[PDB]
*Asks:* 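The following entry includes caffeine; I'd like to go through it with you.
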Amino acid sequence: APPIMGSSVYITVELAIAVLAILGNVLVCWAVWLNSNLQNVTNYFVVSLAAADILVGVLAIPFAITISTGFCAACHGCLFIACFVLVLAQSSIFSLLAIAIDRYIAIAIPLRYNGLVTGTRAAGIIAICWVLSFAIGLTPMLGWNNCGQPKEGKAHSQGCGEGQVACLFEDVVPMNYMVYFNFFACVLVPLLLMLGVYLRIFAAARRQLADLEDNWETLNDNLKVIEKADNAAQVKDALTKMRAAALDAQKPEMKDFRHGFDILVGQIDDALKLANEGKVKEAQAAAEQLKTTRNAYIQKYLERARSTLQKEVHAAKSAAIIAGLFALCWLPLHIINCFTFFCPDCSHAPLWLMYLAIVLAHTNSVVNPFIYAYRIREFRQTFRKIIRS
Ligand SMILES: CC(C)CCC[C@@H](C)[C@H]1CC[C@H]2[C@@H]3CC=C4C[C@@H](O)CC[C@]4(C)[C@H]3CC[C@]12C
Ligand SMILES: CC(C)CCC[C@@H](C)[C@H]1CC[C@H]2[C@@H]3CC=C4C[C@@H](O)CC[C@]4(C)[C@H]3CC[C@]12C
Ligand SMILES: CC(C)CCC[C@@H](C)[C@H]1CC[C@H]2[C@@H]3CC=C4C[C@@H](O)CC[C@]4(C)[C@H]3CC[C@]12C
Ligand SMILES: CC(C)CCC[C@@H](C)[C@H]1CC[C@H]2[C@@H]3CC=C4C[C@@H](O)CC[C@]4(C)[C@H]3CC[C@]12C
Ligand SMILES: CCCCCCCC/C=C\CCCCCCCC(=O)OC[C@H](O)CO
Ligand SMILES: CCCCCCCC/C=C/CCCCCCCC(=O)O
Ligand SMILES: CCCCCCCC/C=C/CCCCCCCC(=O)O
Ligand SMILES: Cn1c(=O)c2c(ncn2C)n(C)c1=O
Ligand code: NA
């Protein structure tokens, strides 16, 4: 069958992907620019990620359409056309890893997050990562290429000029670069690092949430021991334990919460002094006042701390879905390259499967705006306003 028929389907799908990638991620950038509630360090890497996806539609997809034709070109010009998408993929990887690290810092050390993770430092990290992406992705242009050994018979059959080659990806980009350097070192290792970071984030969240519940139970259990205690020493043992737990849990709403813990510790000290004097009944009656503080203050702190953690678990899952989708989207093309490289006795993957793998990789530049709309309310609402207005 004529090559332009099969090409037409591939080309049309590529253009449709390019349009969607541009529109969706331009909307992401426009939402962050307009909504100050979306202007945080986490969303600065989201914008950098969206910028890479906009460049996929504007440049990488037209480059992929061009290189599918095998047109005659100077080999190093062809290399740029072949490698630029690797720059964008590398940048995306850096942004995805930065988002994962950012969410770990926020959940593991929230008391020092604002002082450690700032917008100015984030912009500096984004700039460095872009420079690194260019270096990694354009490494073939540094000499790790096949331009020294051009397919002369293919170039002559296509009427290429002297010094030109038929511009095809696998003719100019070495497969040992694609598999060992790009896939294994620069894609697989960072993705396994993100998985590691995500596991730590979820484990930290779970651990925190049994700590909140453990403290709620413990306060309640120690109130029961005091009620059915029969001597002053037992009341003292329970109160002593309580006081330590109250200070451990203390480490508009913040003013009433600090006042709630000032009442709690003070009421524990009142009953402790009565227990040390041997006045058991008085100590017990004083410890009963703690239930008033628990209902009006402590329980509200427990449902708000728990609520905050849930929101973090939710936000970490949304970010992990984005990283997972990147892996799902790019792995097929990388796995095919592994078969091409590691099995010279296997027939090369057919052209239609190469096209399918390539389009799948490009579809990843479309999916992120939909994940933000379906999982993050502040993005969703902002998208509605932009579209309406
Ligand atoms: C700012 C943005 C829009 C600029 C985009 C510039 C792009 C399209 C330019 C920059 C470098 C250019 C390449 C430089 C070298 C060659 C070799 C030549 O034998 C065929 C064209 C080809 C492959 C060019 C294609 C167009 C090209 C890729
Ligand atoms: C931000 C501005 C400066 C754009 C920078 C891009 C320019 C400087 C780069 C990008 C790609 C480069 C080209 C890539 C490959 C080739 C083919 C080679 O046979 C001659 C040089 C030539 C044609 C390069 C010239 C310089 C070039 C056009
Ligand atoms: C990451 C998830 C989606 C798994 C993706 C699995 C895909 C990429 C795997 C599964 C089966 C694989 C194919 C199995 C057998 C062959 C025949 C060989 O002569 C060329 C490669 C080729 C055609 C493989 C290409 C890659 C392949 C299609
Ligand atoms: C954590 C996971 C996603 C790591 C990625 C797994 C990759 C690296 C694995 C999965 C399946 C593997 C392929 C399975 C079968 C063959 C055929 C053999 O003749 C050469 C190696 C080759 C081509 C393997 C190369 C590596 C491979 C592509
Ligand atoms: C911001 C908007 C961005 C603008 C994006 C524009 C969209 C055009 C898409 C692809 C270009 C590919 C052009 C095709 C190049 C091949 C020409 C050629 O020579 O191929 C014939 C070959 O010789 C036979 O073997
Ligand atoms: C594939 C090539 C990889 C490149 C390896 C060497 C590059 C090392 C770069 C490190 C970035 C460190 C950040 C330092 C910022 C200082 C900027 C300044 O001078 O003010
Ligand atoms: C959701 C499941 C995927 C749906 C569509 C995927 C279709 C492509 C799947 C390909 C698996 C194997 C492809 C076989 C290629 C022929 C092997 C050869 O001749 O070398
Ligand atoms: C990343 N990538 C491509 O972008 C590509 C390709 N073949 C054609 N293109 C465009 N291969 C094998 C590839 O690994
Ligand atoms: Na991306």
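In what follows, residues are counted from 1 in the order of the sequence shown. Whatever order the structure lists ligands and atoms in, that order sets their numbers, starting from 1.
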*Asks:* Can you help me spot every copy of caffeine here?
*Replies:*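 In this structure, ligand 8.
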*Asks:* To what macromolecule is caffeine (ligand 8) bound in this model, taking the chain with most contacts, per UniProt?
*Replies:*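 The largest contact count goes to Adenosine receptor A2a.
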*Asks:* Which residues from other chains neighbour caffeine (ligand 8) at a non-hydrogen distance under 4.0 Å?
*Replies:* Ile67, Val85, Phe169, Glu170, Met178, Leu333, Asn337, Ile358
*Asks:* Which of the atoms of caffeine (ligand 8) are close to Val85, meaning less than 4.0 Å from one of its heavy atoms?
*Replies:* 4 (O)
*Asks:* What is the nearest protein non-hydrogen atom to atom 3 (C) of caffeine (ligand 8), stated with its residue, atom name and distance?
*Replies:*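 Ranking protein heavy atoms by distance from atom 3 (C) of caffeine (ligand 8), first comes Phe169 CE1, 3.5 Å.
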*Asks:* Just need the protein heavy atom nearest to atom 12 (C) of caffeine (ligand 8), so name the residue and atom and give the distance.
*Replies:* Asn337 OD1, 3.3 Å
*Asks:* Among protein heavy atoms, which lies nearest atom 9 (N) of caffeine (ligand 8), and at what distance?
*Replies:*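 Protein heavy atom with the smallest distance to atom 9 (N) of caffeine (ligand 8): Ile358 CD1, 3.5 Å.
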*Asks:* I'd like to know which transmembrane segments of chain A, in UniProt's order from the N terminus, sit with a heavy atom under 4.0 Å from caffeine (ligand 8).
*Replies:*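 The UniProt segments of chain A with a heavy atom in range are 2, 3, 5, 6, 7.
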*Asks:* Tell me, which protein residue and heavy-atom name are nearest atom 1 (C) of caffeine (ligand 8), and how many Å apart are they?
*Replies:*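 Answer, as residue, atom name and distance: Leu333 CD2, 3.7 Å.
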*Asks:* Suppose I only count heavy atoms of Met178 and a 4.0 Å limit; which atoms of caffeine (ligand 8) are within that range?
*Replies:*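 It comes down to these atoms of caffeine (ligand 8): 14 (O).
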